[PDB]
> 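The following entry shows darunavir complexed with HIV-1 Protease.
Chain labels are A, B, C, ... in exactly the order the sequence lines appear. We number chain A the way the PDB entry does; in order, the residues shown are 1-99. The PDB entry numbering applies to chain B: residues 101-199, in that order. The header says X-ray crystallography, 1.0 Å. We count ligands from 1, going down the list as the structure has it; atoms in each ligand are counted the same way.
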2 protein chains.
Amino acid sequence: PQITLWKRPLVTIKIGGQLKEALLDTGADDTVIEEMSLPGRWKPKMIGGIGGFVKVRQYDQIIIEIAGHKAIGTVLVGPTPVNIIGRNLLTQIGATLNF
Amino acid sequence: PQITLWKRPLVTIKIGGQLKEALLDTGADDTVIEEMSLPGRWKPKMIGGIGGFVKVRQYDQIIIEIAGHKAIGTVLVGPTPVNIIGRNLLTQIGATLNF
Ligand SMILES: CC(C)CN(C[C@@H](O)[C@H](Cc1ccccc1)NC(=O)O[C@H]1CO[C@H]2OCC[C@H]21)S(=O)(=O)c1ccc(N)cc1
Ligand SMILES: [Cl-]
Ligand SMILES: [Cl-]
Ligand code: NA
């Protein structure tokens, strides 16, 4: 689709067997999701933004379906106020910013 | 342009006659820039980022060029890790996300 930016660009994702709403975020390097369980190995990580840093768990090689488009990559899990799809997965679905 | 997301979508902005680097950020409701002098009055605003809430200074009706496109709108000034162009100004320059 072509998504305007009058409102937040929220889409439905499927991750870990769960449907969630997430923000398509060109300003986020990395995908970050609210607390949930995911399978496999993980390691701790700190990510920072406005407000400072938060501690997250880094899970690699996780499959996500974003608005119907499958992708695989790293997913960070932790206390984010909103689920965010960052560039690491936006590239995989062919997302571009156009003007 | 059509900007892919393999690297951060950084552009040049011009504000107050000065060139700066900023990130095109679909996950930001609002444009937030690092400490600088802007004309006129300001109003208080709280914004909530990934690490919590921060106070910023809200300046309205500021002339700003974004990758060569003219915009006039609200600019927040405060402790951000990078200058961010949010949806309030991305809409002014006609940006959409496409996949
Ligand atoms: C500040 C950016 C350089 C980085 N961020 C992405 C950014 O899009 C966040 C994404 C975001 C969105 C909502 C809540 C928290 C974080 N937006 C944000 O902080 O925007 C603020 C300015 O406008 C307001 O509207 C939204 C919050 C305010 S971030 O959330 O801190 C972040 C940092 C690292 C990763 N991997 C993922 C996300
Ligand atoms: Cl990845
Ligand atoms: Cl590509
Ligand atoms: Na894994």
> Is it possible to name all ligands or chains that make up darunavir, including repeats?
ligand 1
> List the other chains with a heavy atom under 4.0 Å from darunavir.
A, B
> What do you reckon, does A:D25 have a nitrogen or oxygen under 3.5 Å from a nitrogen or oxygen of darunavir?
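Between A:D25 and darunavir (N or O atoms, distance only) the closest approach is under 3.5 Å.
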> Quick one: which darunavir atoms are inside 4.0 Å of a heavy atom on A:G48?
31 (O), 33 (C)
> Measure the distances from the heavy atoms of A:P81 to every atom of darunavir and state whether one is below 4.0 angstrom.
yes
> Numbering the atoms of darunavir from 1, which are under 4.0 Å from a heavy atom of B:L123?
3 (C)
> Which of the numbered atoms in darunavir are under 4.0 angstrom from any heavy atom belonging to A:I84?
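Result: 30 (O), 37 (C), 38 (C).
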> Give the numbers and elements of all darunavir atoms closer than 4.0 Å to a heavy atom of B:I150.
15 (C), 16 (C), 29 (S), 30 (O), 31 (O), 32 (C), 38 (C)
> Which residues would you count as binding darunavir, with heavy atoms within 4.0 Å?
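Heavy atoms under 4.0 Å: A:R8, A:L23, A:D25, A:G27, A:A28, A:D30, A:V32, A:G48, A:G49, A:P81, A:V82, A:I84, B:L123, B:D125, B:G127, B:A128, B:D129, B:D130, B:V132, B:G148, B:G149, B:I150, B:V182.
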